Chemist: 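Hi! Got a PDB file here: tenofovir diphosphate bound to HIV-1 reverse transcriptase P66 subunit.
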Amino acid sequence: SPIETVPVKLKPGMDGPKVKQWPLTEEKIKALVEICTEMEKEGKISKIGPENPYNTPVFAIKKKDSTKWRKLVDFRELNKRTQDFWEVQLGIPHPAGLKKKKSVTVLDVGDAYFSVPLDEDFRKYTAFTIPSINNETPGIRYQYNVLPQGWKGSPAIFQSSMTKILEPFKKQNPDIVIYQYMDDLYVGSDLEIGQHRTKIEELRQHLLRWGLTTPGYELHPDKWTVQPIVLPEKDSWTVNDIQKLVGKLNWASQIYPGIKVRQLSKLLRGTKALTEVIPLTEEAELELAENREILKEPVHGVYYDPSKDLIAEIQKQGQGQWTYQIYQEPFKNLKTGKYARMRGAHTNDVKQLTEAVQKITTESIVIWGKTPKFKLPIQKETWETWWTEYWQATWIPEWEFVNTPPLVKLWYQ
Amino acid sequence: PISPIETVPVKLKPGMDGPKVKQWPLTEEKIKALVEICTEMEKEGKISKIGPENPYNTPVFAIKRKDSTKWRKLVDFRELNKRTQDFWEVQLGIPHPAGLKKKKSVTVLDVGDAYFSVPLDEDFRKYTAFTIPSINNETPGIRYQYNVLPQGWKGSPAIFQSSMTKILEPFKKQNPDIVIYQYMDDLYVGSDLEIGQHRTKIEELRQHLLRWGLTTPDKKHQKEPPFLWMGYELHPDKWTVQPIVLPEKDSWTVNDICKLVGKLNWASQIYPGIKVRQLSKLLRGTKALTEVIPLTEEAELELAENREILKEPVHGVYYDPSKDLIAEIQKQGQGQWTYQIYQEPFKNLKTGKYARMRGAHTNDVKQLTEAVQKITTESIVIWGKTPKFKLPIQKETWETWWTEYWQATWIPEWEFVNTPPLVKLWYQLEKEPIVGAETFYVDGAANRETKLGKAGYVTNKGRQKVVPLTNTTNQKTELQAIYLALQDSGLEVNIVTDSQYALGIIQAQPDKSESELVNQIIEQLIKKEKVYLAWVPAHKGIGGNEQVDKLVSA
DNA sequence: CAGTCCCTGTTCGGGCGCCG
DNA sequence: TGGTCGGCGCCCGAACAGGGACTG
Ligand SMILES: C[C@H](Cn1cnc2c(N)ncnc21)OCP(=O)(O)OP(=O)(O)OP(=O)(O)O
Ligand SMILES: [Mg+2]
Ligand SMILES: [Mg+2]
């Protein structure tokens with residue numbers, strides 16, 4: 001039975017994942033269970049017991065009014081422990097050709113990894129447990145025999161095979177760039193939606209009569225600018241009205257070591273009435289339009305070092321106003337932007353915050369070949385409570401929570 | 001007897017050996033019963049004698065059960081446990097009577113010599129070696145080892161629950177319409193069958209179990225309403241907890257207070273409005289759980305109030321999936337809250353409290369959401385659903401806080417319940433300077449190594465002040481300072497600051513803090529009819545800034 | 001930069017309750 | 001005399017953590 005289940009090992013002296021399963025919904029467990037039932041009747045998973053001390057949380061989520069549930073596992077804690085197996089030994093070359101792509105299209109193919117018997121000596125790590133409503137029964141467990149979706153190695157071990165599956169359509173359309181992250185596969189071109197879409201329809205007929213099966217959806221992150229750090233446009237300035245533009249530009253200075261202060265700082269050297277109006281002199285009045293130019297001139301100190309992880313910061317402004325700060329170093333913002341609620345029914349805070357973590361992450365991948373490490377503006381318990389509700393990316397960025405006051409939002413606001 | 005189910009494979013922590021501790025002496029009473037048990041166990045095959053060739057041994061003992069001529073043979077496998085591999089606990093929590101749906105027929109079975117029916121893997125047995133002492137203190141104690149899950153071993157629980165499911169699996173699979181709440185060896189079998197047809201299925205189950213090595217002797221509740229299950233009393237249309245007696249005593253020690261709060265916490269699932277903040281608070285000074293502690297008035301009371309609630313009899317109803325799930329919360333004062341989850345008014349399924357003070361500077365809306373959280377999670381756990389809420393907070397007060405809070409906060413579908421105390425922001429902050437208002441430039445500081453420091457302000461209409469603080473710190477000053485600029489101002493003020501530690505605390509509209517100073521800063525803020533607080537960078541010489549620091553920098 | 005302070009969050013463990 | 005195990009809840013302290021403010 002000459003198959004080729006590549007061996008895999010965890011980094012030096014590092015135990016496997018041992019995280020607890022978290023509460024699900026009737027609707028989610030009924031699905032997660034109808035799924036596993038099938039997944040096992042085809043030996044992709046195998047019931048296992050207490051003796052296996054590793055665990056990973058899991059659940060499902062619906063997608064695109066397709067009303068088709070899809071399992072998902074938070075392998076994050078594993079991917080961090082599954083050795084450089086996917087880093088130092090099997091990396092992925094930055095296909096920067098994507099950034100520029102007129103029209104990219106994301107397509108989930110991982111539904112194929114389920115055809116690649118996984119190293120048995122490692123399966124014991126893919127352990128996950130389904131729970132019961134009101135706790136009527138103990139946790140039914142499982143393991144993986146094939147490749148686990150949403151895992152780091154899972155796309156790696158397979159890319160060797162993928163590539164070859166692509167040479168036909170990939171050598172006959174070299175213009176198009178094709179990238180693979182986790183379970184998803186990105187296809188960037190330049191043709192107009194009329195034909196560009198009709199072409200993706202061909203990649204399909206190629207991949208289905210080759211095994212794979214995949215059930216606006218497009219993207220062009222570059223065809224949308226980083227929105228600059230704008231300033232006010234008034235013709236009368238109060239004491240605080242100024243003290244603001246000051247303190248703001250004071251910190252907005254670290255993003256530009258060259259940004260004038262004194263000319264607008266001079267205007268007050270005594271305890272003045274905040275309400276008091278005190279227009280400006282032509283020099284400081286020229287500064288407002290000068291320091292104002294440095295805010296159209298892209299920062300200088302940015303180098304995408306793949307050697308470190310992309311962090312990210314986010315702000316909650318007003319009426320669906322959220323902002324991006326993707327950076328690897330403090331003040332060294334490699335890229336920023338925003339996300340507002342669309343002309344559809346109004347959603348809530350968290351539903352958005354999440355969408356505003358998926359979008360920022362989707363870009364992040366196309367622009368750097370990886371995902372950030374979001375610093376979140378929500379309360380853990382709150383986040384951990386509803387997030388799984390409004391998610392649909394078949395991956396999961398790492399994240400942390402931070403509670404920090406604003407006025408430092410004035411800058412992106 | 002003993003079951004044919006597949007034994008579970010067990011290893012030891014890499015490079016470790018078995019236990020070898022000696023049998024610390026036991027009474028002549030226990031021994032009389034251990035040898036009485038072992039004889040039966042050995043005769044039955046649950047254990048076997050062992051000779052010199054077995055180099056291990058662990059100490060054992062026995063306990064008496066509630067109203068039982070019966071003893072419980074235990075083993076002090078504390079040592080082995082460490083040396084044993086670790087498992088993944090399969091039990092994820094506990095069932096709640098208020099999650100059971102109303103059934104037409106209910107039964108409760110309890111497997112006998114549960115653990116002792118499931119085999120222990122052939123190779124691990126060597127370690128389960130123990131010795132039964134001789135009382136005439138002569139004959140070398142008899143040595144045996146386990147052939148079934150020994151009581152007190154780190155893994156038996158997970159193995160038993162695991163095997164149990166595996167055993168029930170086929171039955172469950174062929175009788176999908178029959179519910180079977182299993183918890184260890186306890187089985188609650190629910191059905192929507194008539195007495196007749198259900199009692200037949202309850203028989204088939206029993207036989208299947210027996211056939212699979214599991215006995216269901218008559219400790220089997222039948223036309224037993226009220227059934228005794230999980231520490232409750234299950235009646236045809238209501239359920240309730242069992243007699244939950246508190247201790248009435250003279251002087252209280254710490255473990256006493258522990259027991260009290262423990263039980264009270266346990267009663268809070270059905271008896272509404274139990275509260276423990278003051279009784280617990282009485283346990284901050286870490287000490288001997290034998291050390292006598294004096295009760296505070298604020299606790300003496302809440303004890304007695306509680307003690308009262310526990311007198312009126314109460315109960316809860318079962319779940320009806322065809323109806324909506326409602327949960328209402330009420331403010332019980334000083335951080336505490338109480339809630340109940342019902343479906344039909346006054347007939348609630350469960351009740352509960354929330355008294356965690358997350359933070360050092362928060363308000364009652366922060367807490368109110370902290371609770372809506374707990375109640376969702378919890379409610380999902382039991383019903384796998386999320387409640388519709390009824391809240392003591394204006395449908396506006398809310399649209400105010402979230403639309404103005406820097407953090408995304410959320411509440412599920414909910415409606416207002418005008419049933420005060422009501423929840424509300426005790427004050428707001430003008431987010432725009434206030435005309436004709438003495439604008440105060442405030443600041444302060446203190447010396448790192450020395451004792452004191454100080455803080456003060458200045459006005460835009462000509463006014464100066466400063467105060468000599470003591471043992472303060474870089475932060476204890478900015479605040480201590482904004483404190484004066486309040487009393488030393490009036491209905492309308494405009495304070496300015498360069499510190500963020502203080503602008504941050506205050507911008508959250510906090511109405512409750514751990515520090516006395518903060519509270520005073522709030523109290524005052526409530527009295528004013530207009531206040532504004534803007535921030536400006538420290539040590540960047542800004543109009544009005546430097547003067548203040550000077551007056552203090554000394 | 002360090003070397004510290006404050007300050008605020010978070011995790012972990014322990015004690016008790018309840019269940020088997 | 002007392003002494004065991006697993007799950008979950010509560011509460012408390014201890015131990016970390018991370019920022020901002022100063023100082024060397
Ligand atoms: C061993 C299992 C769980 N268990 C119950 N109590 C304990 C304890 N104190 N220590 C360890 N495990 C415990 O007991 C189930 P239990 O029902 O309490 O006892 P049993 O051995 O099944 O015998 P019987 O049916 O006649 O009542
Ligand atoms: Mg029993
Ligand atoms: Mg200051």
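Naming convention: chains lettered A, B, ... in sequence-line order (proteins, then strands); numbering from 1 in each chain. Every number for a ligand or one of its atoms is a count from 1 in the order of the listing. FYI, side chains are in, hydrogens and waters are out, and symmetry mates aren't considered; it's all heavy atoms of this structure.
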Chemist: Is it possible to name all ligands or chains that make up tenofovir diphosphate, including repeats?
Modeler: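 It's found at ligand 1.
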Chemist: Could you check which other chains have heavy atoms less than 4.0 Å from tenofovir diphosphate?
Modeler: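 Those reaching under 4.0 Å with a heavy atom: B, C, D.
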Chemist: Tell me which other ligands or ions sit closer than 4.0 Å to tenofovir diphosphate.
Modeler: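 Closer than 4.0 Å: ligand 2 (magnesium ion).
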Chemist: Just wondering, where does chain B come from, per the PDB?
Modeler: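 The PDB lists Human immunodeficiency virus type 1.
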Chemist: Could you pull out the residues near tenofovir diphosphate at 4.0 Å? Heavy atoms only, by chain and number.
Modeler: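 The site of tenofovir diphosphate, heavy atoms only, is B:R65, B:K70, B:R72, B:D110, B:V111, B:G112, B:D113, B:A114, B:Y115, B:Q151, B:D185, B:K219, C:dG20, D:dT4, D:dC5.
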